[PDB]
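The structure described below contains methotrexate.
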Number of protein chains: 2
Amino acid sequence: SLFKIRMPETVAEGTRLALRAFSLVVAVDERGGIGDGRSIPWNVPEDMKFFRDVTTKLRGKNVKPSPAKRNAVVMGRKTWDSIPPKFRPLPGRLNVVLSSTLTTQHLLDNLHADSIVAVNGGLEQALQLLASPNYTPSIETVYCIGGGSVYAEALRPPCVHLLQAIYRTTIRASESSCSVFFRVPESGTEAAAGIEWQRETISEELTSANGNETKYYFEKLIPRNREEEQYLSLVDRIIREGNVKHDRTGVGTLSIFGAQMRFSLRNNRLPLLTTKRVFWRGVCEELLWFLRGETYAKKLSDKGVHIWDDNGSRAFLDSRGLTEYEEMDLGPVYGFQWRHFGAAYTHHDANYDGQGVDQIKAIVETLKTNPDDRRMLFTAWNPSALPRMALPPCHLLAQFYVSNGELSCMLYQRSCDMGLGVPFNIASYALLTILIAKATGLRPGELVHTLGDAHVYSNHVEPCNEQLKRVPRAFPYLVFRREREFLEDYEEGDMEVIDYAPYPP
Amino acid sequence: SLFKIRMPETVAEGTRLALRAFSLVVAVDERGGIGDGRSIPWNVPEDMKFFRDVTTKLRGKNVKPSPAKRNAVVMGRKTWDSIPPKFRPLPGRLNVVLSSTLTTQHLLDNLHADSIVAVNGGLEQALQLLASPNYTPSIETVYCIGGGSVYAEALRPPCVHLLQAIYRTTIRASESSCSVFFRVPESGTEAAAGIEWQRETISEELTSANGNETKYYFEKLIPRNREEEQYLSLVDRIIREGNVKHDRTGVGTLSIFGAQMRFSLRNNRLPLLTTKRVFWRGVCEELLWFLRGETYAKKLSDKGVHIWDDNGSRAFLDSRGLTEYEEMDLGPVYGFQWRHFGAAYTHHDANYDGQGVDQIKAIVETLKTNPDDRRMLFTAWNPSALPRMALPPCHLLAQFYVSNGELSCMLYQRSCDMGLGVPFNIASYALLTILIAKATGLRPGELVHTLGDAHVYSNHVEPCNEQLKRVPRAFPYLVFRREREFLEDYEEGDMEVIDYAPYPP
Ligand SMILES: NC(=O)c1ccc[n+]([C@@H]2O[C@H](COP(=O)([O-])OP(=O)(O)OC[C@H]3O[C@@H](n4cnc5c(N)ncnc54)[C@H](OP(=O)(O)O)[C@@H]3O)[C@@H](O)[C@H]2O)c1
Ligand SMILES: NC(=O)c1ccc[n+]([C@@H]2O[C@H](COP(=O)([O-])OP(=O)(O)OC[C@H]3O[C@@H](n4cnc5c(N)ncnc54)[C@H](OP(=O)(O)O)[C@@H]3O)[C@@H](O)[C@H]2O)c1
Ligand SMILES: CN(Cc1cnc2nc(N)nc(N)c2n1)c1ccc(C(=O)N[C@@H](CCC(=O)O)C(=O)O)cc1
Ligand SMILES: CN(Cc1cnc2nc(N)nc(N)c2n1)c1ccc(C(=O)N[C@@H](CCC(=O)O)C(=O)O)cc1
Ligand SMILES: O=c1ccn([C@H]2C[C@H](O)[C@@H](COP(=O)(O)O)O2)c(=O)[nH]1
Ligand SMILES: O=c1ccn([C@H]2C[C@H](O)[C@@H](COP(=O)(O)O)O2)c(=O)[nH]1
Ligand SMILES: [Cl-]
Ligand SMILES: [Cl-]
Ligand SMILES: [Cl-]
Ligand SMILES: [Cl-]
Ligand SMILES: [Cl-]
Ligand SMILES: [Cl-]
């Protein structure tokens, strides 16, 4: 007992008050107008249906959204009025109206069902409230539905940065008399705020069954994800240009040598790959495992994480000359080296308190006292210990760096499978940083990822081409439901990763 | 004794028969023509003087070129004839005429002085012969002076790649009747062979004191050095965008976090920076020092290398809590960790044979037997040894990789001074690779350089701006005058770095 690493008092100076990411639904005329002062000028029933369906429907199979798992819509006061009483409140969804004249009760009235909440501030507060401990597991996607004033805030920092998709219905009607305006800025413009907007989908031109045979079309717009895209263009480069190589088993690979990647961890954005679902539950579970200096791999198994299972079998241990290790015991691997570098190993049950160099601790120590130190790095690559290990480490090195009170972290990895190894490990180090940040009272900055031998497996090739066809969506956020007294005492339950919107596992 | 690493038998399969790099002098009309069949059409006396001076004059101060240190000109047979007997042979220079009809003696005739050599092949053989053990220290720059046939070979692989500068005199004369042609290809064209040609200098338009008041101008053309340029654009990025930081002494720095560089080591090209002269003699001396697992820093001092001098003083050792170490003893630093990782240190004189993990050896071992291994990496970052060291390592990690029978090598460095640290270290690892290549019977490939904290010192800033004004020239070549029985037994004398053409120290 301690020995452990003790967490600081408050959250990091000028810190991220946990927000929620959102999506925006809007209809415009060709000029980009939304409603002549109050309300809306045109009448397209097809938009209404398309509105209903976007706002209601959850991810997955035919899963009716009960209060226990549902979607939420955010609107200003004027719009909430604008909705006809026959469809008020909006069914299936959590009507969220911001107001500074009316309260939650003050709005409830025909009668009488509690699917609404009024909020005292703007969009930020909504997102804060929606990301708040109870609302978060229950509420899947947030949608902003208008109007002008609410949209203004959406395309303004720091909302615009939490803005993750725009569904935009264009109406082929035209007059000048429509007052307010909504234009998505072109990329690389001042108004763009450095965001790059792309078409993800776009419907046919369609004609409305209303009174004027008026044309309309749909389109989904997403904020281009350079970060994830660099990962992909590395995969493509390997496939096109990699050297054919053959590993220890004998499987064929394509590999390149030496590359570098970066990912913003700012405001707990978390680079889980969109183009393919990552095993976050395992990621998180394994790293906390690492952080304790753990070794008995069945701790992971017991918790439904089966990866060290292959390398933990009686067979493989023996195949690696580890007679004396009981099944699922790995020796001085990763985390052990992290916390007790150079400590002589015997078995996993054995007490390792005080033996060997506790790198992580000393790092946490230096960070707080002396941020400018060019020596804050831990290693798992111990030549003397390597033979006693079930597996030499891939991610063998990490160096920390601090600027503008933000913590960055370079990770070095000698052998990198883009297939799953890599995306997994990116998430893994992203978490470490965020945690270490939290432990040293700093905001998180960048993860820099340096790859040694980067490879794709011979089987993986064609699969990977399927992945390369997809566009990367925006990244999710790590948010803490709870904090702990000691870093070591953190658990998967304590955090929850919000707004992860991938494509199939 | 051995213990050591034993060198292989022959040189690496399909290997670089040591060549010399050269420069090209040529005159053209505006159409790019050089001489109507045999000889030259126009008469410009100013070209002749400019020819004389380029071909004769050595680098440095008023140093008359004696046979002991001089310049060499390479010409085909027809040109050697073309020279009028009153200036034959060309004075101050080693007239080198290739022929397959006439020999060295066969050409000597008025009479009678031995400043010439005939060669049986083309330009390659010339360069080979000029880089040959005796001719190399003595002969400073090689110039190719024509004609058509010799120029053809110059702009052809693999000469064009050893081609390092073109001095081109343009004559503002015009007819069609000039037969042969000389055009430098535009960059990114087929004919360019992937080389990018740039103007380094260009004179005034000038009028010849000959019979027709004919115009002419000069210009120097160099093959753009992307490689070195990446180093520079990193320096500029730091200066423009680096975070102000303050190191352990207290000096001010500008730093960035995490970057990556590459350098071709192919055919023993050696990335010594042109934009500022590097201390090669020290580089080479220190790395061989490393390679032996050496520690008594005075071995370097004795050999006129004073860098470990500051960190080796009685003072600094004491300042680092090293009472027991005699002056100029550093503890388990760099090379020691390389050769005896984890060996318990006592003093430099003490025998360390057989103790600790000999990384380098095992690497050399694996390379030969199993090139596809993703584990060939040595480290100097030993947490248990760090406190006993006078200095923690900057270059703490190197991983090797083999493709197409070429050896590449990634180097990881945690703290990087662009001022001198970096350029020095690039050369340092380039040498290691070349040597390790030689030890494992492989050709050398790429050095990949990964920088952690990259910085420029507060003083260094303005100096560095002066450097940034320069254009990087082409890189030099490492060539071996002699080989050794064991890797350890190599010496600075054994090799000689040819064609290093910088700007002031
Ligand atoms: N074409 C389309 O798809 C599109 C979409 C939606 C709506 N529209 C239309 O366009 C019109 C635009 O009008 P609008 O923008 O004024 O509508 P609105 O968004 O519904 O009205 C904003 C109201 O929300 C509350 N609010 C906003 N920010 C707040 C804050 N920071 N703190 C506390 N309360 C806050 C305020 O009510 P309190 O007075 O109570 O404080 C405020 O009056 C709407 O009437 C709508 O019908 C068009
Ligand atoms: N404008 C300018 O600045 C410029 C510069 C220089 C010259 N020029 C003129 O342009 C003309 C071009 O004619 P050119 O190109 O035929 O002249 P050249 O280069 O002097 O003649 C080539 C001769 O060199 C020997 N040689 C070349 N390659 C060889 C090889 N691979 N192995 C053995 N021997 C080799 C051959 O002599 P063997 O028969 O003995 O084998 C061959 O005939 C010259 O006459 C010159 O006056 C113009
Ligand atoms: C005034 N208002 C806001 C409104 C209207 N059209 C939009 N159209 C688009 N594309 N995006 C929006 N932001 C949007 N917002 C309204 C008006 C009617 C209903 C409405 O009838 N609600 C039903 C629609 C059912 C139906 O008519 O089919 C629902 O279930 O959502 C809601 C919001
Ligand atoms: C035919 N030939 C080859 C020749 C002539 N002009 C050139 N001009 C240029 N720019 N580049 C060359 N390749 C070149 N080559 C010649 C002709 C004369 C002399 C010559 O008179 N040599 C004296 C020149 C002394 C003088 O005339 O001032 C010397 O010292 O180099 C040499 C080479
Ligand atoms: O965290 C990990 C663990 C394993 N691997 C994969 C990639 C390589 O194929 C292999 C590395 O093991 P060796 O090649 O050195 O045996 O494991 C990773 O990419 N990341
Ligand atoms: O091979 C070397 C040796 C030293 N340094 C310089 C750069 C840093 O300023 C300093 C590293 O030492 P610390 O900052 O960790 O004390 O030494 C290098 O760049 N390369
Ligand atoms: Cl329906
Ligand atoms: Cl009102
Ligand atoms: Cl067992
Ligand atoms: Cl003169
Ligand atoms: Cl002839
Ligand atoms: Cl002493």
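As listed: the chains are lettered in turn, A, B, ..., one for each sequence line. Here chain A follows the PDB entry, giving residues 2-110, 119-514 in order. Following the PDB entry, chain B shows residues 2-110, 119-514, kept in their order. According to its header, the structure was obtained by X-ray crystallography, 3.3 Å. Whatever order the structure lists ligands and atoms in, that order sets their numbers, starting from 1. Any value given below was found using the heavy atoms of this structure, including those in side chains, with hydrogens, waters and symmetry copies removed.
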Give the place of methotrexate in the structure, all copies included. ligands 3 and 4
Largest contact partner of methotrexate (ligand 3) (naming from the PDB entry): Bifunctional dihydrofolate reductase-thymidylate synthase (DHFR-TS)
What are the letters of the other chains with a heavy atom below 4.0 Å from methotrexate (ligand 3)? A
Write out the binding site of methotrexate (ligand 3) as chain and residue number, heavy atoms closer than 4.0 Å. A:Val26, A:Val27, A:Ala28, A:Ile41, A:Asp48, A:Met49, A:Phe52, A:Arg53, A:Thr80, A:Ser83, A:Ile84, A:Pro85, A:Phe88, A:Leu91, A:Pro92, A:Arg94, A:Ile154, A:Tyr160, A:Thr178
Which UniProt domain name applies to the region of chain A with most contacts to methotrexate (ligand 3)? dhfr
Just want to see if methotrexate (ligand 3) lands near the annotated pocket: which residues UniProt lists as binding NADP(+) in chain A have a heavy atom under 4.0 Å from it? A:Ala28, A:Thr80, A:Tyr160
Give the other ligands or ions lying under 4.0 Å from methotrexate (ligand 3), by number and name. ligand 1 (NADP nicotinamide-adenine-dinucleotide phosphate)
